[PDB]
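Quick look: tozasertib on Aurora kinase C.
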Amino acid sequence: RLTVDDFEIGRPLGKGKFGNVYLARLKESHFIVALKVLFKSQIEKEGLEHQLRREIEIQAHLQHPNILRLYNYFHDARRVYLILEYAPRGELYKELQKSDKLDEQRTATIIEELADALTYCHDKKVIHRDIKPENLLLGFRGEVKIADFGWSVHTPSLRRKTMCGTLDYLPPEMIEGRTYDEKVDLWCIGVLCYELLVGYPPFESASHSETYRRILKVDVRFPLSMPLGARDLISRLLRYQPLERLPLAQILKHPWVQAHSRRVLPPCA
Amino acid sequence: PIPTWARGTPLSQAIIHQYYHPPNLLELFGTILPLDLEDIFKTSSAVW
Ligand SMILES: Cc1cc(Nc2cc(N3CCN(C)CC3)nc(Sc3ccc(NC(=O)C4CC4)cc3)n2)[nH]n1
């Protein structure tokens, strides 16, 4: 049914940084959305035809309050249009840049929310493979929205080999070229938790090469001011051996997460 | 020139409204149809 003409454009979002993304709303109902416009020529020129399909199928299959919703897509002769959830508080990375770091309560809340979303993802055999601050948007009450699915994969077998993600967040088993499973996501939750509380990622260095070596050695250095409960959580997630890592169900029950999380569920009905 | 609905207090109020009065998304947006790459342009990962 839906086409470009069923929407009124409000304003551009992100100043080109994220492509052609607009605040918009349905003309009839005034329901507010982010409309993302892709030029087919540009998709073909970058040979991203198959990545587009993948991203849409995965996003279509995921309905969770902490996962940015894809309502639908459509296309004309010249363009592909994604109808995405509008996240009105914007980018966590911006929020993080105000204070360069987050308090225990805001961090704990994000951790609980990611462990919940990723429980839902893994139960559907989706591995994200690129959890990090810059992939997260913020809802009306500050609730995390996993917003980028560029490296995501639907794998019933939970067996993959491809190098994916972002240097400071790469898990050791990927760097080692091993077969890996859903536990790559647990590693990234640990890196994220560290970065939100400290202001920088735990394996950061002047070169790609030195970062790789820090990761393989699990060279985590906690500042003295790091709260004790967060230190515990992070050390239990940043494990060399994937199966030794704290599982999502134990993340949710971790005393530090329990104590400091103030997670709210979006209304319904 | 940014439409009046898309900034200031009118956007805030509409955001508040939408958040606490969620609509029926199905009847608003319909089913998501399988992506046909041939029409758009010209493994285990599809077994859900
Ligand atoms: C897709 C999306 C984006 C949003 N919301 C926003 C909101 C936002 N704001 C700017 C800052 N004010 C204070 C709040 C609103 N700035 C951006 S700038 C921006 C634009 C796009 C993306 N991400 C993507 O387009 C990826 C997911 C496909 C991230 C940030 N995006 N809701 N849904």
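The chain called A is the first sequence line; B is the second; the pattern continues. All residue numbers given for chain A refer to the PDB entry; the residues shown span 37-305 in order. Using the PDB entry numbers, chain B covers 841-882, 892-897, in order. Atom set for the values below is all heavy atoms of this structure, side chains included, hydrogens, waters and symmetry mates excluded. Whatever order the structure lists them in is the order used to number ligands and atoms, beginning at 1. Method of determination (from the header): X-ray crystallography, 2.2 Å.
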query: Which entities in the file belong to tozasertib, all copies counted?
result: ligand 1
message: Just wondering, which other chains does a 4.0 Å heavy-atom cut-off pick up around tozasertib?
response: A
query: Hey, is A:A123 touching tozasertib through its side chain, its backbone, both or neither, going by heavy atoms under 4.0 Å?
result: both
task: List every atom of tozasertib that sits less than 4.0 Å from any heavy atom of A:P124, numbering the atoms from 1 in the order shown and giving each element.
output: 14 (C), 15 (C)
- request: Could you list the atoms of tozasertib found under 4.0 angstrom from a heavy atom of A:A70?
  value: 1 (C), 2 (C), 33 (N)
- prompt: Is A:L173 near tozasertib, meaning one of its heavy atoms is under 4.0 Å from it?
  reply: yes
message: I'm trying to place tozasertib relative to the UniProt active-site residues of chain A - which one is nearest, and at what heavy-atom distance, to 1 Å?
response: A:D166, 11 Å
- request: Output yes when the distance from some N or O of tozasertib to some N or O of A:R125 is under 3.5 Å, and no in every other case.
  value: no
query: A:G55: heavy atom below 4.0 Å from tozasertib, yes or no?
result: no
query: In chain A, which UniProt domain contains the majority of residues contacting tozasertib?
result: Protein kinase
- prompt: Numbering the atoms of tozasertib from 1, which are under 4.0 Å from a heavy atom of A:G50?
  reply: 18 (S)
query: What part of A:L59, side chain, backbone, both or neither, has a heavy atom within less than 4.0 angstrom of tozasertib?
result: neither
- prompt: Near A:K72, which atoms of tozasertib are under 4.0 Å from a heavy atom of that residue?
  reply: 28 (C)
- prompt: What residues line the site of tozasertib at a non-hydrogen cut-off of 4.0 Å?
  reply: A:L49, A:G50, A:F54, A:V57, A:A70, A:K72, A:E121, A:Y122, A:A123, A:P124, A:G126, A:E127, A:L173, A:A183
